[PDB]
Amino acid sequence: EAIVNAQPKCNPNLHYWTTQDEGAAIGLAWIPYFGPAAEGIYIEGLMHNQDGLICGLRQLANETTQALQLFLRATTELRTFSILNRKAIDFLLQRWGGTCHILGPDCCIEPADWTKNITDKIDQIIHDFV
Amino acid sequence: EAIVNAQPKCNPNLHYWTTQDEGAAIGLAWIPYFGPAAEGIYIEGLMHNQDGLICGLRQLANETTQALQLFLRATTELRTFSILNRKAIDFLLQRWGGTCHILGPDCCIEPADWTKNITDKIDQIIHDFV
Amino acid sequence: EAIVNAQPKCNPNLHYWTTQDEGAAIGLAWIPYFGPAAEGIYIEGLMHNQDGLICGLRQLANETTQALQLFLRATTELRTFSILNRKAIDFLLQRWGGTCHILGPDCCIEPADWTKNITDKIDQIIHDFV
Ligand SMILES: *[C@@H]1O[C@H](CO)[C@@H](O[C@@H]2O[C@H](CO)[C@@H](O[C@@H]3O[C@H](CO[C@H]4O[C@H](CO)[C@@H](O)[C@H](O)[C@@H]4O)[C@@H](O)[C@H](O)[C@@H]3O)[C@H](O)[C@H]2NC(C)=O)[C@H](O)[C@H]1NC(C)=O
Ligand SMILES: *[C@@H]1O[C@H](CO)[C@@H](O[C@@H]2O[C@H](CO)[C@@H](O[C@@H]3O[C@H](CO[C@H]4O[C@H](CO)[C@@H](O)[C@H](O)[C@@H]4O)[C@@H](O)[C@H](O)[C@@H]3O)[C@H](O)[C@H]2NC(C)=O)[C@H](O)[C@H]1NC(C)=O
Ligand SMILES: *[C@@H]1O[C@H](CO)[C@@H](O[C@@H]2O[C@H](CO)[C@@H](O[C@@H]3O[C@H](CO[C@H]4O[C@H](CO)[C@@H](O)[C@H](O)[C@@H]4O)[C@@H](O)[C@H](O)[C@@H]3O)[C@H](O)[C@H]2NC(C)=O)[C@H](O)[C@H]1NC(C)=O
Ligand SMILES: CSc1ccc2c(c1)N(CC[C@H]1CCCCN1C)c1ccccc1S2
Ligand SMILES: CSc1ccc2c(c1)N(CC[C@H]1CCCCN1C)c1ccccc1S2
Ligand SMILES: CSc1ccc2c(c1)N(CC[C@H]1CCCCN1C)c1ccccc1S2
């Protein structure tokens, strides 16, 4: 489904903050006792609207809210950390949750290079005829 | 292993309640501020004992308790939400956790349709003989 | 990467404690009301330094701390239980997260036994010639 920004405005640039899971620690800075305080663990970056990604992203987050709110309504977990892990699992189950019928539309198996390994090796049983 | 109900009685019908992860929201009902209170988020349904599923299910839950209690004894999590996700992961690891030896018993790869794509395409190298 | 113990000493034996997820319960011992208290749920064992595993293990845990501390710094979860599950998911995504190109280096599909099922069944179309 296409994402069409339907907001009164779009800030086309995204000045973001995040954390780094394992920033190349400098010396002992990784030791909690010596390291940064809560305020100083953030990195920043600036992204522009190439391919319209920023305006699309603002619209996507907006459109995500209904399903996210409904998901939160139905869970009894107080804080939910597992959405991305569950999506990773669902990505795998959609592809590998059943028998992979080769050359079927729902089987992500490419036998290309290797059909050329047997059809190319027929001239070792037909052309080798003596 | 077969499930054999060994209870003094069986209620053969299951009047159930659950939640819907993303019920087709009507208007603004999905907004927590406007939506139902805790008591009003439930859907209901009624299932009968076709194939003996209800009596089997009551027995299954009964038999599950020992292993579930022992699992809970050994975890330090206060509330456990991850059992089904872990079972999904284990489903995948059992099938795809090693090398898939095609036509082996533990490899869920069907090369059927496509063995008929090469054995059917031999008459393009043997019957085409000129 | 090789693990080289660089500690002042190594205790070469590991007297360990753990829990058993589902110990073969004896009678009603699995019922929380009747079962062991927190102190009595542990099993023990003793492992020696065969293959240098114990000294390697002490070094591995030591070397793991930087990345583990940095991971903990960047999470907002108060208690983290999901590291091993996430590693299991990542194990699967590395192998099955894309299209599996058979006989490619990142495709864990063995067509061995079964290339001998078609190359062995050529003498049913070539040697059967009449
Ligand atoms: C995702 O993006 C959507 C588009 O920006 C957001 O839609 C907003 O939704 C709220 C309600 O949830 C609307 O607020 C209502 O506004 C009406 C009318 O407001 C004035 O404007 C009309 C002309 O449209 C005018 O004729 C009226 O007389 C009002 O003066 C109020 O009557 C309601 O009580 C209510 O306040 C927003 O207007 C609406 N925005 C737009 C641009 O349509 C949506 O909220 C976003 N989702 C999230 C989760 O943020
Ligand atoms: C799963 O289903 C099982 C089958 O319904 C449940 O088994 C129940 O287990 C409890 C103990 O955990 C038993 O309670 C005991 O009962 C005996 C005897 O009770 C009376 O009956 C005998 C005849 O059988 C009679 O001769 C006696 O004199 C008694 O008058 C008591 O002595 C014990 O102290 C204890 O209370 C249940 O009897 C038993 N039910 C059945 C139908 O066997 C099991 O509990 C279920 N699991 C869960 C987790 O719910
Ligand atoms: C993983 O294993 C590593 C190797 O065992 C551990 O390395 C330890 O790291 C701490 C700091 O994080 C060091 O403590 C420092 O020690 C120096 C010097 O101590 C004395 O020794 C030198 C000779 O090396 C001597 O010349 C000095 O005058 C000192 O008398 C202090 O100056 C610092 O203030 C600080 O205390 C350990 O020395 C170091 N151990 C070794 C064997 O190198 C590492 O800690 C382990 N990681 C975890 C998470 O446990
Ligand atoms: C469906 S994946 C997707 C969707 C939208 C955008 C992008 C990727 N990326 C990078 C992701 C970015 C997202 C926000 C947090 C920091 N990270 C790096 C980007 C790169 C350059 C300009 C704009 C954008 S927006
Ligand atoms: C091993 S999967 C399994 C095992 C037992 C039953 C069923 C599936 N289903 C539907 C599942 C049902 C379970 C309870 C919560 C609501 N959902 C829909 C069923 C359908 C119709 C009559 C009886 C049953 S019992
Ligand atoms: C990369 S997997 C790995 C790495 C190091 C060791 C081992 C496996 N095993 C068994 C695992 C053991 C680990 C500690 C908790 C209890 N369990 C059984 C072992 C067997 C016998 C002697 C030494 C060792 S150390």
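Proteins get letters first, then strands, A, B, ... in listed order; numbering begins at 1 in each. Counting convention: from 1, in listed order, for ligands and their atoms alike.
Among mycophenolic acid, camptothecin, thioridazine, the molecule seen at ligand 6 is thioridazine. Contacts with thioridazine (ligand 6) are greatest for the chain named in UniProt as GP2. Those other chains that come under 4.0 Å from thioridazine (ligand 6), heavy atoms only, are C. Residues in other chains coming within 4.0 Å of thioridazine (ligand 6) by heavy atoms are C:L14, C:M47, C:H48, C:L53, C:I54. Which parts of thioridazine (ligand 6) touch C:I54 is read off a 4.0 Å heavy-atom cut-off, strictly below it: atoms 23 (C), 25 (S). For chain C, the PDB entry reports the organism Zaire ebolavirus (strain Mayinga-76).
With respect to atom 5 (C) of thioridazine (ligand 6), the closest heavy atom belonging to the protein is C:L53 CB, 4.0 Å. Near thioridazine (ligand 6) (under 4.0 Å), the structure shows no other ligands or ions. Looking at atom 21 (C) of thioridazine (ligand 6), its nearest protein heavy atom turns out to be C:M47 CG, 3.6 Å.
Among protein heavy atoms, the minimum distance from atom 4 (C) of thioridazine (ligand 6) is reached at C:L57 CD1, 4.5 Å. Distances from atom 1 (C) of thioridazine (ligand 6) to the protein include no heavy-atom value under 4.0 Å. Of the protein's heavy atoms, at least one falls inside 4.0 Å of atom 25 (S) of thioridazine (ligand 6).
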